[PDB]
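A look at one PDB structure holding pacritinib.
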There are 2 protein chains.
Amino acid sequence: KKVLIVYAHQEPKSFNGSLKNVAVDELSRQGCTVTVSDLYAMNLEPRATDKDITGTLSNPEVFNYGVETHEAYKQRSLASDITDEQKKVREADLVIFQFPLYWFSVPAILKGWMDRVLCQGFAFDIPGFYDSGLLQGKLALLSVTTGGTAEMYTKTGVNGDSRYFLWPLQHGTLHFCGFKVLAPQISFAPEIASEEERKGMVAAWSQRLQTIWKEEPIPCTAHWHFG
Amino acid sequence: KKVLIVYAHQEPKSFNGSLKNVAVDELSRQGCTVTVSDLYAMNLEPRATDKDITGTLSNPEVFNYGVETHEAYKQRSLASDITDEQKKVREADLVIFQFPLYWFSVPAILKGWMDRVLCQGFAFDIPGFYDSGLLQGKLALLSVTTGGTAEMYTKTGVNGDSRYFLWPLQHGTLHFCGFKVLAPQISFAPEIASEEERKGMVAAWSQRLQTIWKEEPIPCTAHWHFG
Ligand SMILES: Cc1cc2nc3c(=O)[nH]c(=O)nc-3n(C[C@H](O)[C@H](O)[C@H](O)COP(=O)(O)OP(=O)(O)OC[C@H]3O[C@@H](n4cnc5c(N)ncnc54)[C@H](O)[C@@H]3O)c2cc1C
Ligand SMILES: Cc1cc2nc3c(=O)[nH]c(=O)nc-3n(C[C@H](O)[C@H](O)[C@H](O)COP(=O)(O)OP(=O)(O)OC[C@H]3O[C@@H](n4cnc5c(N)ncnc54)[C@H](O)[C@@H]3O)c2cc1C
Ligand SMILES: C1=C/COCc2cc(ccc2OCCN2CCCC2)Nc2nccc(n2)-c2cccc(c2)COC/1
Ligand SMILES: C1=C/COCc2cc(ccc2OCCN2CCCC2)Nc2nccc(n2)-c2cccc(c2)COC/1
Ligand SMILES: [Zn+2]
Ligand SMILES: [Zn+2]
């Protein structure tokens, strides 16, 4: 089994860093092939621009990012940062995203990974999306950390259910590309937690990874997210 | 009345470009003060990094973006790009976001504007969020374009209701900062639309803007989004 961890945190000593490292440790111990895309260390470009296409654009006068990247994918003329990520995704059986929640979503650097890597022709086609997406047969999992507490992320709490914010990521992105989605790993409020509680949350993640290949996906439906 | 338009499209001749331009024209005609932050033209940095804090002689052993930006805000030592955006927001009565939908969310460059500009001390405090957010008394409005059709973005359509994807943006971001949220402007599927239909969608936005100051905000609730 091949695993790609797309990791989005600036600080190696962070709680996110520890969750990433325990995932490498545990998945490596199992004998999995593991790759980490450390986006901040890579200084990944997040902006969707004409620099993402090498050589001459299909229409140099009016720039249409979607058309140009779709054609570049077909012509093997995407920027090498993009194509390097695509190779990692193509080979992976499981893609784990490890990030702190920023504005009920992914940090911009990770949003940029999604925007630039998951291009038409690679991740989906028309037709060829949702269950027919081009990354069908693969698993994806969101491993998210929050400032807010679990109680705040309940239906009656100030933030609403955590599932509510997952919709654009799980349905709109991962399911759209054909992934099956494993239940999210949400590590609530590490700053509020004691050191030993944080150790427990890292241990919980490690333990979950021991049996990750036996899990069933979640149903990636509006009902799951909002019902 | 002062308006800031935060605009995220690479191509001035785009449908998004036209929506931005009609907004400038209409609001300017009314006598409003209008500013546009053209993120791609500004080459706005989207990544949340230690470069966002100026005047650091020696790097801390552990970098905590949220703590460091909070402190930098209080010390007036944020990067000049951030500071300049904050001044525009501080003065604005209405903030319009004009963007194409990317993965059920904002383009990464706009996500980076949110991540970097809306820092603790400026947009919210702890406590001082949701109805006590620091941008209370201001209005915000999302003007979104999509590839998918209106019918796809219905409860029974493949993408679910358009309101579902608005939650992280409207509740988790804008309401969290204390904004009152005006109903979104969603211009569906301009590529599919005929030239006449496209002109109609631009005219509809301009027409709406004629009376924007008389609108009531939406109730920014789970019921509004998911009911
Ligand atoms: C721009 C921005 C937007 C945000 N938006 C949101 C939002 O929408 N919703 C929300 O809820 N929160 C939000 N937050 C808060 C953010 O999600 C949290 O601050 C983040 O998830 C905390 O994770 P961390 O890895 O940075 O924590 P850290 O601060 O690294 O974790 C706390 C401590 O854990 C320690 N630690 C590291 N490894 C271990 C280990 N193995 N065992 C024990 N301790 C360890 C660290 O040393 C550190 O002292 C936002 C923050 C920012 C900056
Ligand atoms: C990375 C990525 C992710 C995406 N994710 C999603 C998603 O999650 N959901 C989704 O639905 N879509 C998604 N899309 C599609 C994207 O949202 C649409 O392509 C975008 O909204 C179209 O807006 P535009 O301004 O680029 O259109 P354009 O292609 O510029 O507009 C269509 C036509 O309108 C013309 N036009 C411009 N101004 C006028 C005028 N005044 N009058 C008449 N015609 C005019 C233009 O010349 C053009 O021919 C995604 C695209 C990308 C690249
Ligand atoms: C909760 C806010 C409380 O602070 C959490 C918290 C939050 C941040 C940094 C540290 C931190 O707890 C650091 C630890 N602090 C110790 C006591 C209070 C938390 N920063 C931050 N920045 C932008 C948006 C949000 N949070 C944001 C947006 C929406 C919803 C939330 C956060 C989370 O629910 C609302
Ligand atoms: C609809 C897919 C149809 O293509 C729309 C469409 C899509 C794109 C570019 C142009 C475009 O219509 C340009 C005009 N097209 C050319 C022929 C007619 C439609 N690109 C794109 N890229 C990444 C993700 C998504 N869309 C994405 C993710 C989730 C949901 C959707 C899109 C939207 O619902 C699913
Ligand atoms: Zn789904
Ligand atoms: Zn709300």
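Chain IDs: alphabetical, in sequence-line order. Per the PDB entry, chain A residues shown: 3-229, in order. Here chain B follows the PDB entry for its numbers: 3-229, in order, are the residues you see. For ligands, and for the atoms within them, numbers begin at 1 and follow the listed sequence. Basis for what follows: all heavy atoms, side chains included, without hydrogens, waters or symmetry-related copies.
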State which chains or ligands correspond to pacritinib.
ligands 3 and 4
Would you mind finding the main macromolecule in contact with pacritinib (ligand 3) and telling me what it's called in the PDB entry?
Ribosyldihydronicotinamide dehydrogenase [quinone]
Looking at pacritinib (ligand 3), which other chains have a heavy atom under 4.0 Å from it, would you say?
A, B
Starting from atom 27 (C) of pacritinib (ligand 3), locate the nearest protein heavy atom and write down its residue, its atom name and how far away it is, to 0.1 Å.
B:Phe178 CZ, 3.6 Å
Proximity flag A:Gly149 to pacritinib (ligand 3), non-hydrogen atoms under 4.0 Å:
yes
Heavy-atom gap A:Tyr104 to pacritinib (ligand 3) smaller than 4.0 Å:
no
Heavy-atom nearest neighbour of atom 18 (C) of pacritinib (ligand 3) within options B:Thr175, A:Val160, B:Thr71, B:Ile128
B:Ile128
Please state which protein non-hydrogen atom is closest to atom 17 (C) of pacritinib (ligand 3) and give its distance, to 0.1 Å?
A:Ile194 CG1, 4.3 Å
Do pacritinib (ligand 3) and A:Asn161 have nitrogen or oxygen atoms that lie under 3.5 Å from each other?
yes
Just need the protein heavy atom nearest to atom 22 (N) of pacritinib (ligand 3), so name the residue and atom and give the distance.
B:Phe126 CZ, 3.2 Å
Where does pacritinib (ligand 3) share space with the UniProt FAD-binding residues of chain A, that is, which have a heavy atom under 4.0 Å from it?
A:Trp105, A:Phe106, A:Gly149, A:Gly150, A:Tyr155, A:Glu193
State whether any protein heavy atom lies less than 4.0 Å from atom 15 (N) of pacritinib (ligand 3).
no
Where pacritinib (ligand 3) meets A:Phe106 - atom numbers and elements under 4.0 angstrom, heavy-atom basis:
29 (C), 30 (C)
Please work out which of A:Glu193, A:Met154, B:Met116 has its closest non-hydrogen atom nearest to atom 10 (C) of pacritinib (ligand 3).
A:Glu193
Any idea which residues from other chains are within 4.0 Å of pacritinib (ligand 3), non-hydrogen atoms only?
A:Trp105, A:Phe106, A:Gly149, A:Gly150, A:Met154, A:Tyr155, A:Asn161, A:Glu193, B:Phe126, B:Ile128, B:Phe131, B:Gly174, B:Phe178
At less than 3.5 Å, what protein N or O atoms come close to the N or O atoms of pacritinib (ligand 3)? Include the distances to 0.1 Å.
{"from": "pacritinib (ligand 3)", "atom 1": "34 (O)", "to": "A:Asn161", "atom 2": "ND2", "distance (Å)": "2.8"}

